[PDB]
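The model below depicts Reverse transcriptase/ribonuclease H (p66 RT) holding HBY 097.
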Amino acid sequence: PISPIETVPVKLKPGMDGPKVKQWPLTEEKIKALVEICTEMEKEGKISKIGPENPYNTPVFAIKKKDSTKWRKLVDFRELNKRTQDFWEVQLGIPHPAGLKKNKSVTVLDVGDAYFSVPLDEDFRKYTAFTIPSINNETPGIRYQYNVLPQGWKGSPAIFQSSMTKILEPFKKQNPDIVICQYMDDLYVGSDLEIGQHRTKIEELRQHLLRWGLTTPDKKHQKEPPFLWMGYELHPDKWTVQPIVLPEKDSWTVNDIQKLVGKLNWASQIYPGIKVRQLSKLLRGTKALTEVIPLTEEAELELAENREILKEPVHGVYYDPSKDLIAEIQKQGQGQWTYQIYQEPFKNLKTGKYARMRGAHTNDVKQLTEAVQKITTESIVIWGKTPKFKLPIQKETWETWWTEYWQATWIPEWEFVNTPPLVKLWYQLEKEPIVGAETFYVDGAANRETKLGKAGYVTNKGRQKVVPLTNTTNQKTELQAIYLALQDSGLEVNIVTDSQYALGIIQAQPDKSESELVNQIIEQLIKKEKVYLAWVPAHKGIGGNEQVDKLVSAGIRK
Amino acid sequence: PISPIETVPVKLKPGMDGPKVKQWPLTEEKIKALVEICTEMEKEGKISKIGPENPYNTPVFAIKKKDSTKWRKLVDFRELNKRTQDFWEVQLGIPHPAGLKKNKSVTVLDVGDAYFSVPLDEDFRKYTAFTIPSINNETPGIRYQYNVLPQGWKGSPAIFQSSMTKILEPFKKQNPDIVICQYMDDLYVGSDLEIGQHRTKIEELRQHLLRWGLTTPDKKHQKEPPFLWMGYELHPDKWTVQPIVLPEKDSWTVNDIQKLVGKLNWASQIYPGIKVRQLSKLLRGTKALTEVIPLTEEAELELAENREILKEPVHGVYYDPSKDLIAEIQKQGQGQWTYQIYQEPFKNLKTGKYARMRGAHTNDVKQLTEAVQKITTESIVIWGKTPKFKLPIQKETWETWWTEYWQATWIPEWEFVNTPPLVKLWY
Ligand SMILES: COc1ccc2c(c1)N(C(=O)OC(C)C)[C@@H](CSC)C(=S)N2
Ligand SMILES: [Mn+2]
């Protein structure tokens, strides 16, 4: 006679067909248990007496152990939802609390059951079929099909929210001033009326969903805020989290490392200061989840600091669509970057970090942009607009950089904040050859099949030198040469290389690096008052270069 | 063919399923933009809302077709495009107007309107599904699907294709000097007339197209005027080749010589006709870089004549139309950006240059975006096909901005090349 809602026409993959995983029986025990449940359901709707004709079967297996006084009904659609088409996505973008609006009242209504309410397209019911173990060898067994959204199936989260939304439609209609977003099962009716009139509205609504045939735990009161939602704690003027179970354990296997990071990397969003670079590297050199990853020196330290800021649980605010967003950033450590976005001094809405796993050589600036960058992409999703950046860098330092930098770049306007440490440059390379500066023609080749190689030079002032090196790389050495040069050269000097490689590393004027060597060079270039670095064709015999090349291991002196 | 008020049954490729491309988060203002746009499209029966029995979804942005008070919806039907293809089964088999890149004036009129007058096959509609995002996930997203030929879908022109000629025929009949070749959504009307007149022939057309119904919004600022400037009047004849050139001199140092050698030693990968040793001996011995050396008598020749070996192309004038056209771009000096477009490494079918001056055109991103649209539009004029870019910009930044200053109605395909520290030397 009456299904309120209308059904979302369904279908499965072309050529494919429903599942027939037959009945894997068990004794007559839980069979009464289920028989009780699927009969209390059989009522008129939730399910139905399948004729003989039923070809499909997706096995219901009773597991009461999960439910106390109650015997839980848990089906498994594994082979059905395999055969089902796909539906538009059931959005999984946890609205980050940070982009939520201040509210005086917020309530919550369970609706996970609704599934069981919404009717199912008739023609797709012919496949939801589950079979109950009867008592004999003969023909008839207890056949029952679904007539609603079988929790567990594919598009149930799907066709429900749809159905759900087309149900809220009218209430939402007559009630132009009450927010009602949902998250799978949790309905968050929100408003700005004293708890009283609020449950007046939340009253009418429950009756509404009810008239549109749905559940409600009880004609009871309703809310219970703060909430435990997707790891969040939501009061009104506040939001945060506390589930910090952080290890003081002797050993630590990758699994309890991933959780280690995975946990702080969450604290990250509201605690002002978490760092996690070190703990990262660890994953390096492993596969199995429970393995030996000898913890490291600095690592214990990071693990040591945040261990503190956690002491006093923090709190984030809600956003004023009216007000302007703002983010400042500070250079935590050697590559880590910490930021935070507020609207009013100290009233943070959220915070974060940034480490450049990007590149193998970088500088504060670039990093600082990736940061400024990461924040904007974020900010756009979280708030639908971009913050006003305040950053520890003077235009002059950055304007003289985005300009020489060969890559395109666009920063939403920023605002110099003199809160040291300051992002700066340590050396610029004299964009033109020097005079009276000794000229060092350098090199350092190795045998691609060895451990040892050598690097050296030949100057105009007549000086010639070679150094031999233990376990190096043909590339690696060309950077040794650059390095040797800067060593026995004056406060100003010209260097000539044939290594597009060494050229390209140094030219990018990097300051932070992991190549132990490149960190050496990046050091001498600060003690230098002036450095000119230039390239030349390889083995092309150009006066100064033709000399260091035959002065280095030419094959083998032979 | 023409089907009167009836449907034209479209389809997909061999083993091809609709697109499932993810929508990118937009800003609050592009959202409302689209929301206003689509709501009205909905009332005009153009688009329609969709239940969850539709897993499909192609991206959409809000750009200002023109930076007017009015915004515009730009659908990114790329992926949808690849997955369909039954059309060259068109009535004609003429290649692209090899002379169009030659005309004096190539004005670009965009008839994307027309399209919204043909019903899409009810069956194919589903693949057109797009989703207007929602700020910070609060709402599922808004979902519509097209009921008419959609702009940008590389298949609506094809359906419509017949009605085109049927309309164009006359103008083409009488005006038989003018080349009219169409691409994706707009037409490319060319000719050698003197501006003042060309403009009208374009305008006659416009008034013609509009006479039959096919509206054209592509109106230049004013009615019928007289004084010249730079708009969408591409002038194919004048855009030339910015060659790789060597310097001229009375103070060349050793560095100077050196850099030179380096640069010519490179050009020898393109024009192996080059020579250098007689310009490489000048540096014999380890001298200062600042030292100044007289450019010798026998030396002065090389440089001089290599300066002619460059002014003459190589063995790659050959464009295989079924090979991908790639474009690269180096951000030179400042204000300026240089490019190239090959199909095969080191044999560029063209090498250009872009530039402007920081006024409102302040930053790198809008510049690059414009150097892109620019290189692309050229390319369509020459081969009737957009190239695959290798932009020198972090994808994030490109993806957060690329829309801001975009005006075209096509999306080339790009990738983010990450580094040029010598090739920057004027390619
Ligand atoms: C006390 O918790 C809250 C306080 C304020 C808000 C929310 C919850 N928001 C919400 O849906 O919560 C999600 C994170 C589950 C939404 C809609 S509630 C009508 C809004 S507008 N701000
Ligand atoms: Mn060498």
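To find a chain's letter, count down the sequence lines: the first is A, the second B. Following the PDB entry, chain A shows residues 1-558, kept in their order. Numbers in chain B come straight from the PDB entry, and the residues shown are 1-427, in order. Numbering of ligands and ligand atoms starts at 1, following listing order. Method reported for this entry: X-ray crystallography, 3.0 Å. Computed from heavy atoms alone, side chains included, the values below leave out hydrogens, waters and symmetry copies.
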What are all the ligands or chains assigned to HBY 097?
ligand 1
Okay, with a cut-off of 4.0 Å on heavy atoms, which other chains neighbour HBY 097?
A
At a 4.0 Å heavy-atom threshold, which residues contact HBY 097?
A:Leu100, A:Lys101, A:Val106, A:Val179, A:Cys181, A:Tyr188, A:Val189, A:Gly190, A:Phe227, A:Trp229, A:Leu234, A:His235, A:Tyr318
